[PDB]
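Opening notes on dasatinib bound to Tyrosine-protein kinase ABL1.
We number chain A the same way the PDB entry does; the residues here are 223-500, in that order. All heavy atoms count here, side chains included; hydrogens, waters and symmetry mates do not. Atoms within a ligand are numbered from 1 in the order they appear, just like the ligands themselves.
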Amino acid sequence: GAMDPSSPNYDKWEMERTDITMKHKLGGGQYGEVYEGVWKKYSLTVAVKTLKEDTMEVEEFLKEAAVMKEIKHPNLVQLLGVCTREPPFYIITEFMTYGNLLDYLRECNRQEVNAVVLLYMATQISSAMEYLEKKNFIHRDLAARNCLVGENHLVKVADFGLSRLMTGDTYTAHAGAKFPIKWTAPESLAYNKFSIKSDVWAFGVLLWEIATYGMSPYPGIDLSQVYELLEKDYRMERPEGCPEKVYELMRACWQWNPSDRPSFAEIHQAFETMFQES
Ligand SMILES: Cc1nc(Nc2ncc(C(=O)Nc3c(C)cccc3Cl)s2)cc(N2CCN(CCO)CC2)n1
């Protein structure tokens, strides 16, 4: 019985499929076939991600779970289990009540989610990233649409399908697939080179999304002209009401040369300080 500890095929992350109830579907977006559910064993609400026929290879789908088994942080969406073996595989995690950060910012009560709270959301995320950096992991998909919101303005980084444990300071992707131009660092766009610093650059973009309450980066700018603009030293302007110190932090994140970009440890301490000033 693989499900038994005595078994040689035992896996602590494998959970009894009949231990979960599939309620309302949450999909509608791009995360995939995401469902809301309940882990009866504890009547604990949970999020469930499913896999289909063609859609994606099983080795590709489980990649995200493999990554999530090695990271643990209050600001990183936590893995609760997986359902392999039979058809439709599942990936179960804690459930974030308010959905993705991007839509949250666009639908929120701006009087409640104010300057301090926005500041509190940036600090939490930089916290999760300081942990990933410290363990030499890269996320490669940092964006407001990939963060999740819980009660009390709790924010957690999600979507680890492209995350990787690095052996060095860099990771070179292959040449196939593409990457979100407006969130991707120059060296990643030009040479497909990723690193913690490329995550730092994306964090800067995420800050701008937060400061604008969900505006799309480089509004109105054609995607084919983004890179060359960035090469001519163009950078998004300071959002209305955005503190200059916070904006100066965005600019440091967008330094053309990776080594000129701050570390996530410096970024988090910088935000922790500003936030404590409350
Ligand atoms: C699509 C969606 N996700 C929600 N919560 C989530 N929590 C965790 C999720 C998840 O994807 N985990 C996960 C990860 C991160 C990686 C691998 C595998 C998995 Cl399974 S998704 C809530 C939600 N809504 C409730 C709030 N409504 C607005 C006001 O009530 C709108 C609808 N909608």
At the 4.0 Å heavy-atom cut-off, does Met290 count as touching dasatinib?
-> yes
Out of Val299, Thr267, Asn322, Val268, who gets a non-hydrogen atom closest to atom 14 (C) of dasatinib?
-> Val299
Just to confirm, does any protein heavy atom lie below 4.0 Å from atom 26 (C) of dasatinib?
-> yes
Could you find the nearest protein heavy atom to atom 3 (N) of dasatinib and give me its residue, atom name and distance?
-> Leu248 CD1, 3.7 Å
Mark the output for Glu316 as yes if a heavy-atom distance to dasatinib is under 4.0 Å, and as no if none is.
-> yes
Would atom 30 (O) of dasatinib count as contacted, meaning some protein heavy atom under 4.0 Å?
-> no
Which UniProt-defined domain of chain A has the greatest number of residues in contact with dasatinib?
-> Protein kinase
Return yes or no for this condition: an N or O of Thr315 is under 3.5 Å from an N or O of dasatinib.
-> yes
Taking non-hydrogen atoms only, is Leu370 closer than 4.0 angstrom to dasatinib via side chain, backbone, both or neither?
-> side chain
Distance from atom 23 (C) of dasatinib to nearest protein heavy atom, with residue and atom | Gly321 CA, 3.8 Å
Considering only heavy atoms of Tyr320, which atoms of dasatinib have at least one such atom less than 4.0 Å away?
-> 26 (C)
UniProt active-site residue in chain A closest to dasatinib, heavy-atom, rounded to 1 Å = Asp363, 11 Å
4.0 Å heavy-atom contact, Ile314 with dasatinib | no
Between the candidates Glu286, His246, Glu258, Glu255, which shows the shortest non-hydrogen contact distance to atom 17 (C) of dasatinib?
-> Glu286
For atom 22 (C) of dasatinib, which protein heavy atom lies nearest, and how many Å away is it?
-> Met318 O, 3.3 Å
Option with minimal heavy-atom separation from atom 20 (Cl) of dasatinib, where the choices are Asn368, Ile313, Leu301 | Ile313
Can you check whether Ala380 has an N/O within less than 3.5 Å of an N/O in dasatinib?
-> no
Which residues, listed by UniProt as ATP-binding in chain A, lie less than 4.0 Å from dasatinib by heavy-atom distance?
-> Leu248, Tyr253, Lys271, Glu316, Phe317, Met318, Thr319, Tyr320, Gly321
Show which residues surround dasatinib within 4.0 Å on heavy-atom distance.
-> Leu248, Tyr253, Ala269, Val270, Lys271, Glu286, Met290, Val299, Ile313, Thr315, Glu316, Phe317, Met318, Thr319, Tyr320, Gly321, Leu370, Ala380
